[PDB]
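Entry overview - Spike glycoprotein with JMB2002 in place.
Proteins get letters first, then strands, A, B, ... in listed order; numbering begins at 1 in each. The structure shown is a partial extract from the entry, and contact counts are restricted to the extract. Below, all heavy atoms of this structure are taken into account, side chains as well, without hydrogens, waters or symmetry copies.
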Amino acid sequence: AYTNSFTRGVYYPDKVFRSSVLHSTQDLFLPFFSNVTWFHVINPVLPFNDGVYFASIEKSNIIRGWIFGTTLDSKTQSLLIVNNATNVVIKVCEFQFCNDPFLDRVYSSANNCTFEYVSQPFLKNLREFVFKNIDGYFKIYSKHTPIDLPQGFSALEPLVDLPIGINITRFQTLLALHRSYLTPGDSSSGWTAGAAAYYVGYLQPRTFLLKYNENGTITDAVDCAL
Amino acid sequence: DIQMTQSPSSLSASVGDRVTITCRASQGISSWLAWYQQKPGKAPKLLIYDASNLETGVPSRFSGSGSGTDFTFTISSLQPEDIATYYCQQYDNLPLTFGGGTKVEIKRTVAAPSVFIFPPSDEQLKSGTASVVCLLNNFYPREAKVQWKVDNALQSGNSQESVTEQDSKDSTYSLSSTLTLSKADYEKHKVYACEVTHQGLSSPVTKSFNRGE
Amino acid sequence: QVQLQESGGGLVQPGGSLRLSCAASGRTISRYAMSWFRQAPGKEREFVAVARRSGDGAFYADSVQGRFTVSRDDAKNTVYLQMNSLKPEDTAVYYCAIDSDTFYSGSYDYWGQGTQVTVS
Amino acid sequence: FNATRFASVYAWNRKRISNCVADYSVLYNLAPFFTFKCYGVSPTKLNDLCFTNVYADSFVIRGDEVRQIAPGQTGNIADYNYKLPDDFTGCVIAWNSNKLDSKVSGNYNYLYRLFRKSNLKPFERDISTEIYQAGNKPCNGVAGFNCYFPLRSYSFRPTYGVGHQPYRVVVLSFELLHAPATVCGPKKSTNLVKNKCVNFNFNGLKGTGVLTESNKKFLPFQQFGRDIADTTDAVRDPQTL
Amino acid sequence: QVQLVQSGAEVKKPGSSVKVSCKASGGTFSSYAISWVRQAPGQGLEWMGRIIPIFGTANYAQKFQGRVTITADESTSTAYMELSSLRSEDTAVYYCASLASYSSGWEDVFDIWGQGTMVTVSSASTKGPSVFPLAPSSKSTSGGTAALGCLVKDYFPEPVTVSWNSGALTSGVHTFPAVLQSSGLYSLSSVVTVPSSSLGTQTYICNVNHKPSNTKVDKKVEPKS
Ligand SMILES: *[C@@H]1O[C@H](CO)[C@@H](O)[C@H](O)[C@H]1NC(C)=O
Ligand SMILES: *[C@@H]1O[C@H](CO)[C@@H](O)[C@H](O)[C@H]1NC(C)=O
Ligand SMILES: *[C@@H]1O[C@H](CO)[C@@H](O)[C@H](O)[C@H]1NC(C)=O
């Protein structure tokens, strides 16, 4: 299933304040009016080409985390971002992920670790995420807005810049549920979670003309090669 | 040699109450101090070996800290399972020495004792000796006064006492006393009495019996 | 001897609070602990509270553990007991007693003086 | 350093540090510290330089062994306990704890490996306690002709000289390859002045000009702003924001 | 895992020497150092000495130098201690511990313990216990229950195991600690709580066993009025 990405996927490129000017920026951006896969709970491994755009418009916070790494479940290092009731957990430990990562406490077995980090939780409401890995930096941009993709224009602000230089080619998402079996090789056992949908898009090297208002907020953009 | 002092001698607090203890050394130290848990007649269980360093299996309940001549240990809360004596150790030198030991026991309200008396049997009397035993059961205080009033007269220096441990079931205590006399001395008297005084009792409790009954 | 006295008390409103005082002088105060007692009109005695030398926590009976708080002052030989949430049953005479057993955890029951307390 | 829980050099402790600040003005340089040495770089350069990560190893050795903790050294400690390569770069912080960590006739707890079948590899650690082949073939947990045990005890005491006292030594190793700098040694090193032309630095962004309060509204994630034609107009104070 | 196995209780006359053993199993015997400790009946622990079998050397405490020797043999992985010129006060609980704090960056502290050996020094001789019943009076009943049991007297040496009804009854069980008579013999006491409706009629039996010689003695008890 595919849907339309009208004008979403724009984000602040360089953390530089600009007031009432038009700036031409060349970077990895989601093309306007692009086709993005449509997945609903009621979850395959997808490639991690140069850019990925993640969106979710599901209430109750069924979507809770993501997984990133090359040769998933192997000795190679991998990420593990989950949203607990108190704080987010980011781990770079080459976790041995199973076929069914998590639908219910831990989606992987013990493994060596190189970096750890904790912060406040990231989570009828639309959640948007942009993930880029370049020059040894993994950058996250996020935005929240009550809520198909709404026509509303919104620019994603940077969230955190992890100084991790691992190599990445694939990723997968994590879902939350209750009264379900912790089967590593099976899913949907027991009680079924509530309705939830999430969209996946891919960025491409494009030129954009971002419009900065008097307060330094991006209010409009033009897909230069549309 | 190095001598250490542990104070206070004993602690008393109910379940769910904070408890703490301190250990002192002859000279200032900054490491090599351990804390032990020893149940009655059982081998000590390791709790802390190095300053604020717990070994494998120690719960988060117990923590320790200190510097210089004196070191302190704390217990956040109590449960019946950990009712025993704590000891302090210093092993910075081979001549190991161990602290005097401190006891922690459950704290609760008053329970009136059940005073009982055992008169001697015929078989015991046939051996040329006689004895009378008085028992106190299921009362709070860890020590109770037992007075013998043979022939309505106080007696001392002719009886022995036995001591039990705290009852985990209800945190109670028991005490018993044993009077001993020879056949000639036993037949000399006519009335045997045992008196007990306790805070919970409204008045002193006396149990007595005569030679002919 | 063991001459003792108490002060305060009297008529009080139900559900309120009251304060009572007891003190001694001219004799040792450490070797004997200070205890209280209760006596309803023409009824048996009832223990209230007692304080030890160390002052580690407090001692109370079953019917007074959760309502009454007791304390002692070793530097002035004066002791106090706390009255709160008074109920109709508290119409009796209280007594201040001395635990006449030297350095003993238990207590020897002996009262020196008392006063009347009643709720309107 | 204050823990001093590395009495035995043999089977030494290891630690990893990253994403931190290593202020050396307080470490290995205050009055309590006795000795401090570095290899391949001066302390000032280390303080002014940044490193990817630092690995810390701690151990207590006698005076005759401190000289062995250096690149390309040889000796009992170097060969059997803690060997280092000739190209090793790092620092060693050594403090003598004889007064506070010695006994009149004690200190038997300070053990070290006196013999071994072969020298350890660079930065290698070994906890094996097998008998050393003292001339004759090594014993298999038995006694034999000589079959001497490798480990031995220092047995520090006042009767020994300064060269045979419990020097608490901590050695740090620095990494610089693939360095997204996360460990640095600089102090606060901040000073502010406004309303006059001055050279300034705000996490870089070197420039010259007059600094004055601005009425702009910077976003939480924005550090500095640019006017038309990419001219640095305003900058956020790292400390006061 | 790591474990230690110790021998049973041994009794020998004063002035001679006593032999004890403590076997080690698991891992490699060369990686364990055996330390010896003693515990008297109420007094704190006492340290005798420590040996490292792989070293071939040993050390002893100043208070116990000379009179104490420690030997261990790798072939059967057991450690032994020798005590000479024993005295009555030597009666104490003896433990064997592994001074493992010499290899993995961990110093001068024990982690492993044995089972413990009981040794008593006295001029008495080994013999079985003497048991007689109690005859509580009816008038002494308090709270609807009565106290009863059996007494174990004139036995030597320890340990002594006392149970009831072949272990079939365990409610309200109390067994006070052992005592030493002025004549050199030990004793024991036990008391139960029984309801009024069962005393005198129920087939209550007191059980006793002397494990040094495996002697079996049991008797019945009944109150009187
Ligand atoms: C990451 O690893 C894959 C193989 O798992 C490899 O094909 C790819 O080239 C690597 N990435 C980079 C940037 O070299
Ligand atoms: C800019 O922010 C100010 C202050 O919050 C506000 O009054 C003004 O309306 C904002 N303008 C725009 C275009 O957002
Ligand atoms: C830095 O510290 C100073 C003094 O404690 C404080 O006033 C200021 O707000 C702090 N700024 C940041 C960004 O932590």
| query | Which ligands, or which chains, stand for JMB2002? | reply | chains B and E
| Other chains near JMB2002 (chains B and E), heavy atoms under 4.5 Å | C, D
| query | Which single chain of JMB2002 (chains B and E) has more heavy-atom pairs under 4.5 Å with chain D than any other chain of it? | reply | chain E
| said: Got a sec? Which UniProt domain of chain D does most of the touching around JMB2002 (chains B and E)? | reply: BetaCoV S1-CTD
| In the PDB file, under what molecule name do you find chain C? | Anti-Fab nanobody
| According to the PDB, which organism is the source of chain D? | Severe acute respiratory syndrome coronavirus 2
| query | What residues from chain D sit under 4.5 Å from JMB2002 (chains B and E), measured between heavy atoms? | reply | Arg5(D), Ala7(D), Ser8(D), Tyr10(D), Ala11(D), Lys103(D), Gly106(D), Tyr108(D), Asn109(D), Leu111(D), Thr129(D), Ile131(D), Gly141(D), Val142(D), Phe149(D), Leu151(D)
| query | Heavy atoms under 4.5 Å from chain D: which residues of JMB2002 (chains B and E) qualify? | reply | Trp32(B), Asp50(B), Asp92(B), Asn93(B), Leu94(B), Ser30(E), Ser31(E), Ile54(E), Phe55(E), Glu74(E), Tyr102(E), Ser103(E), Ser104(E), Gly105(E), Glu107(E), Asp108(E)
